[PDB]
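Working notes, structure below.
Residues 31-502, in that order, are what chain A shows, numbered as in the PDB entry. Hydrogens, waters and symmetry mates are skipped; everything else that's a heavy atom, side chains included, is used. First listed ligand is number 1; within each ligand, the first listed atom is number 1.
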Amino acid sequence: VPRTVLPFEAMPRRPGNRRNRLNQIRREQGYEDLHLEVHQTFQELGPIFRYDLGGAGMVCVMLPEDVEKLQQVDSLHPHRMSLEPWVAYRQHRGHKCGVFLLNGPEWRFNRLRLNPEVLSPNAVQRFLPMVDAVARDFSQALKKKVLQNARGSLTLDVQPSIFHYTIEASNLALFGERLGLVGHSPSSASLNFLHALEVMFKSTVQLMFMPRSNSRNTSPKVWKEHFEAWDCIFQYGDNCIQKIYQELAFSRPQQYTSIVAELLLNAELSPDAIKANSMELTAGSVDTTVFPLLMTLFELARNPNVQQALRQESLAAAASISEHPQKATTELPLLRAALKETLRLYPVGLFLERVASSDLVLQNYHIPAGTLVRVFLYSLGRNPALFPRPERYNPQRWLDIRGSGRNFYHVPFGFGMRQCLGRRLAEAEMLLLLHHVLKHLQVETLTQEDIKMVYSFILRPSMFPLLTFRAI
Ligand code: HEM
Ligand SMILES: C[C@H](CCC(=O)O)[C@H]1CC[C@H]2[C@@H]3[C@H](O)C[C@@H]4C[C@H](O)CC[C@]4(C)[C@H]3C[C@H](O)[C@]12C
Ligand SMILES: C[C@H](CCC(=O)O)[C@H]1CC[C@H]2[C@@H]3[C@H](O)C[C@@H]4C[C@H](O)CC[C@]4(C)[C@H]3C[C@H](O)[C@]12C
Ligand SMILES: CC(C)(C(=O)c1cccnc1)c1cccnc1
């Protein structure tokens, strides 16, 4: 690094030895306010600091310029601190690890053979009609509940139905199957699969935060629950892959039907590798897309001028998107901007993480090779220097957006070759559900109070309010 950069020792340090009630806050609520605690530290120390704990020091950053510098020192296979409970399940049952868990050349081999079928513009053009079909079914089911309510309006908890929508849409894109989670009586097999997804994620978070001194005897029931949930998920995956094998051998269609069928036809990855990646993509919808979809509905309820501008756009584009759902990618610029605005205020992952593959420089400080660097998305999005009136929900800011490093202003899906593999499937699900709902319905909430987010592996709303829908 240049001789003019400040030494690592000069970086502002978060005091580890202050007298305050953090000790007691940890006893009572653990790390549930970590986003706010780190945000306060950036306010005090500036946009880079060393978080000292247990003899170690994580570098905390929050600027687009830092994300750009990290993308520069990404290797051909950026290192990931693999989710241990998920790895342990694969080790125990003799399943492969997929891109969520792999490192090194094996990660890259897998990733390059998935990108064209999941992340590419061509992949999106193929799956958009399937996501559109599920979005229509969800939107029609809600409109029907509204129009049959005695009170001319429907106040409901939308959290379960929006979650079910994301699983239904993703599972259709991946395996070409409808679980039926829009019906009032979905099959026991579909509900068992959904339950297993929920238990898998809940048990992941319980195991990651299991104290060392309690693992021997508190963890075995949780490990059992985790592995039994994964067994159910892998049974569903095997069932779908066997069905696809049968279709491709004896009844092969000319047209695209599913991401997994395309991977099996390509035959670049082994069947066991395709299953592992399909199960990780399956898991990728659990407790992710639901949150920005909910928070977009919440902010549209609070910002009726923005809601009406999005409704005008969706009504003007409605005919074009009905003819070719693929048009949703270019004909709803303000709604795409609204998704960026939701994720600016309400990231799902709290941070992006890299281990410095080489010495580098961030904010004119020398960063030694091997340093843990975390980009805190909550703080990046609330920087008033880059996002004037950062508390304001203003999708127009993205159509206006200026500044040198503007490519790195929107990074809630990460960056570079190890960015979120599911990002375009997540984006399409959010875009099309909101498009179809806004054409038919208006949303409100009783109070305009900010939602409290809690950090529990992901950032999630504490007490998401009932929403009220009415016909337009
Ligand atoms: C709004 C919803 C979501 C957000 C904000 C999100 C965000 C992220 C982020 C930040 C990463 C790490 C990227 C990096 O370090 O550069 C990631 C990885 C990943 N995400 Fe997502 N994600 C979401 C939804 C999904 C969905 C729906 C799927 C699957 C259908 C998915 C599949 C994955 C996979 C497989 C990886 C690992 C990629 C790899 O390591 O090669 N994600 N996501
Ligand atoms: C290391 C810890 C406690 C060890 C002890 O003090 O006895 C034990 C408790 C539960 C154990 C895990 C559970 O038995 C579930 C898994 C069982 C597999 O046979 C090994 C990995 C596996 C993931 C185990 C790893 C490790 O041995 C754990 C985590
Ligand atoms: C930063 C914080 C410690 C802060 C403090 O004691 O002041 C630590 C303690 C436990 C850590 C978490 C746990 O190790 C569980 C998770 C492990 C994953 O690899 C990253 C996220 C993950 C959710 C961790 C994030 C973060 O490093 C946590 C929350
Ligand atoms: C939200 C979460 C946990 C995420 O931000 C993440 C996942 C892997 C690595 N880094 C961040 C995630 C989880 C599943 C799919 N995509 C994203």
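Checking ethoxzolamide, imiquimod, metyrapone, gemfibrozil against ligand 4, the answer is metyrapone. In this structure, the main binding partner of metyrapone, as named in UniProt, is Cytochrome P450 11B1, mitochondrial.
Summary of contacts: the protein heavy atom closest to atom 8 (C) of metyrapone is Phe130 CZ, 3.5 Å. In this structure, the protein non-hydrogen atom closest to atom 3 (C) of metyrapone is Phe487 CZ, 3.6 Å.
Among all non-hydrogen protein atoms, the one lying nearest atom 2 (C) of metyrapone is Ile488 CG2, 4.4 Å. For atom 12 (C) of metyrapone, the nearest protein heavy atom (residue, atom name, distance) is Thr318 CG2, 4.0 Å. Ranking the protein heavy atoms by distance from atom 11 (C) of metyrapone puts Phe381 O, 4.6 Å first.
Protein heavy atom at the shortest distance from atom 4 (C) of metyrapone is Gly379 CA, 4.4 Å. Within the listing of metyrapone, atoms 1 (C) sit less than 4.0 angstrom from a heavy atom of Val378. Under a 4.0 angstrom heavy-atom cut-off, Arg110 registers as being in contact with metyrapone. Counting protein heavy atoms only, atom 15 (C) of metyrapone is closest to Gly314 O, 3.6 Å.
Measured on heavy atoms with a 4.0 Å cut-off, the binding site of metyrapone is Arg110, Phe130, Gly314, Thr318, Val378, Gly379, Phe487, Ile488.
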